[PDB]
Peer 1: 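Sharing a structure here in structure tokens format.
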Amino acid sequence: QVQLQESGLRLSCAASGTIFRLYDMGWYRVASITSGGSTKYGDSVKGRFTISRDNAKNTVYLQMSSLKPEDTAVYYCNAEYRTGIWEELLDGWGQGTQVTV
Amino acid sequence: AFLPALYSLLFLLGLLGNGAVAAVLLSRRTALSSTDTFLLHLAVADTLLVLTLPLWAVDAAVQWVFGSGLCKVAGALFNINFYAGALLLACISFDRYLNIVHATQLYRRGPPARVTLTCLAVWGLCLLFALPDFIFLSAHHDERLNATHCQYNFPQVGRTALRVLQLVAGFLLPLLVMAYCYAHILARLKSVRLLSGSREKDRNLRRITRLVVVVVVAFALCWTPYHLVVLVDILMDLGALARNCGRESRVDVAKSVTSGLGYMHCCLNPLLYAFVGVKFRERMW
Ligand SMILES: CCCCCCCC/C=C/CCCCCCCC(=O)OC[C@H](COP(=O)(O)OCC[N+](C)(C)C)OC(=O)CCCCCCC/C=C/CCCCCCCC
Ligand SMILES: CCOc1ccc(-n2c([C@@H](C)N(Cc3cccnc3)C(=O)Cc3ccc(OC(F)(F)F)cc3)nc3ncccc3c2=O)cc1
Ligand SMILES: CCCCCCCCCCCCCC(=O)OC[C@@H](O)COP(=O)(O)OCC[N+](C)(C)C
Ligand SMILES: CC(C)CCC[C@@H](C)[C@H]1CC[C@H]2[C@@H]3CC=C4C[C@@H](O)CC[C@]4(C)[C@H]3CC[C@]12C
């Protein structure tokens, strides 16, 4: 299979292995960016956060500003990928990250 | 006596394989899919061709003591095999192209009569390309060769026309349809997050397309060299390149070997179907 290693106040999630293509990425506890660049957020988020994707290096980023105590949780990165042109689309999770304030 | 032994071995292997495939396919009748019907018709054509191998095994040792109707039938079957294979493969490729690209299903929501009548149409259109073989191909008896080999009688002027017809139609037209359909399938399949609207149907469609493309590749690889040799013969007859005996004694053995490959494909098909399609053996035994 393939791996998904996260980072530590900027979140960077990377993927490596035998991947034919990456399709979707995002963060969970809320923010998901597709392969074409379209970004989606929750209905309760009025542009507080921002998500950017770097398809060349297969990395997804999450920018967080004006942090609040209610955001103290554990965040996991998710990705969708296909290991071959004739194979099935399947998704994998990451280990997770801990935010300590 | 190597050739009779080889012909008998191929006859046995092809008969067993194609009989097993046809029996397991007809076991679950009235529930086949379009690809299943097309593959069944390919199996029927292959077993119908390989059913003539003992005649050539006898001809390899003793002369052609069979008459003339058998000769006409054998030649017609040899031509019909590679006509029907190409045309049915083109039909299945067009079906796959439509399903992948336009998200339209002709043989699924429509009656099974829709694919039954196109199979009948391709069978008739293949018979109407081998009618000239029925008109010709009598059993001869030449001097310096005390034998009754099978050959052609019609004038050399008509040989070029028939060869051009066979080559042009049954090689170029299916090849163009193949190239267009498969280029579009690859373009619309290498960049799409999810075909159809779910995931199980997506992977099923990918698997079926893989099986179809491997079958098409096997058929093309087995049958292309004979058409190249016929093309070389056509060009050397017109005058593009010389008719030197050193260029004829070579195309003779080339024709022999390429026809042998075309015969071997008829027994190569079912084991390829079983090995790649592991699920086929699961429902077989
Ligand atoms: C440019 C297109 C615009 C319209 C073109 C109009 C016609 C142009 C004339 C074509 C000449 C150029 C040929 C290349 C064109 C690109 C399309 C292509 O390249 O396609 C064509 C191939 C070959 O045509 P044909 O063999 O049907 O000849 C038919 C002969 N007759 C009838 C005896 C069977 O058709 C195939 O199916 C190839 C499929 C395999 C290649 C992709 C494989 C992708 C997956 C990789 C691994 C797959 C593993 C399983 C496959 C087994 C190992 C390969
Ligand atoms: C495995 C079976 O292989 C065959 C079977 C039949 C023929 N076949 C032949 C035989 C006699 N034919 C000549 C020929 C004519 C037109 C097209 N192809 C071949 C051969 O070269 C036989 C042969 C096969 C393999 C050989 O290997 C080698 F290694 F020994 F070289 C040698 C000879 N005649 C025909 N006539 C009229 C109509 C149909 C045929 C018809 O089909 C050719 C192949
Ligand atoms: C309902 C009446 C359909 C009768 C059959 C129509 C023609 C079928 C034979 C055409 C063969 C032409 C050679 C070739 O390579 O064809 C490649 C494609 O055109 C094959 O088309 P098909 O999928 O058989 O066409 C489907 C016909 N429909 C659309 C009327 C259902
Ligand atoms: C020169 C001659 C021998 C060429 C072949 C002619 C005969 C044998 C062919 C032509 C039409 C063919 C039929 C066309 C369609 C079908 C329906 C299919 O579900 C089973 C096979 C079956 C029933 C075929 C059997 C073989 C057949 C009858």
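Reminder, nothing fancy here: chain letters follow the sequence lines and each chain counts from 1. Start at 1 and go down the list; that is how both ligands and their atoms are numbered. Looking at the header, which is where the method is noted, we find electron microscopy, 3.0 Å. Reckoned from all heavy atoms, side chains included, excluding hydrogens, waters and symmetry mates.
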Peer 1: Out of curiosity, which chain makes more contacts with ligand 2 than the others? Name from UniProt, please.
Peer 2: C-X-C chemokine receptor type 3
Peer 1: Can you tell me what they call the drug at ligand 2?
Peer 2: AMG 487
Peer 1: Which chain letters have at least one heavy atom nearer than 4.0 Å to any atom of AMG 487?
Peer 2: B
Peer 1: Please list the residues near AMG 487, using 4.0 Å as the heavy-atom limit.
Peer 2: B/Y7, B/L53, B/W56, B/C150, B/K255, B/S256, B/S259, B/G260, B/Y263
Peer 1: Which UniProt transmembrane segments of chain B, numbered from the N terminus, hold a non-hydrogen atom less than 4.0 Å from AMG 487?
Peer 2: 1, 2, 7
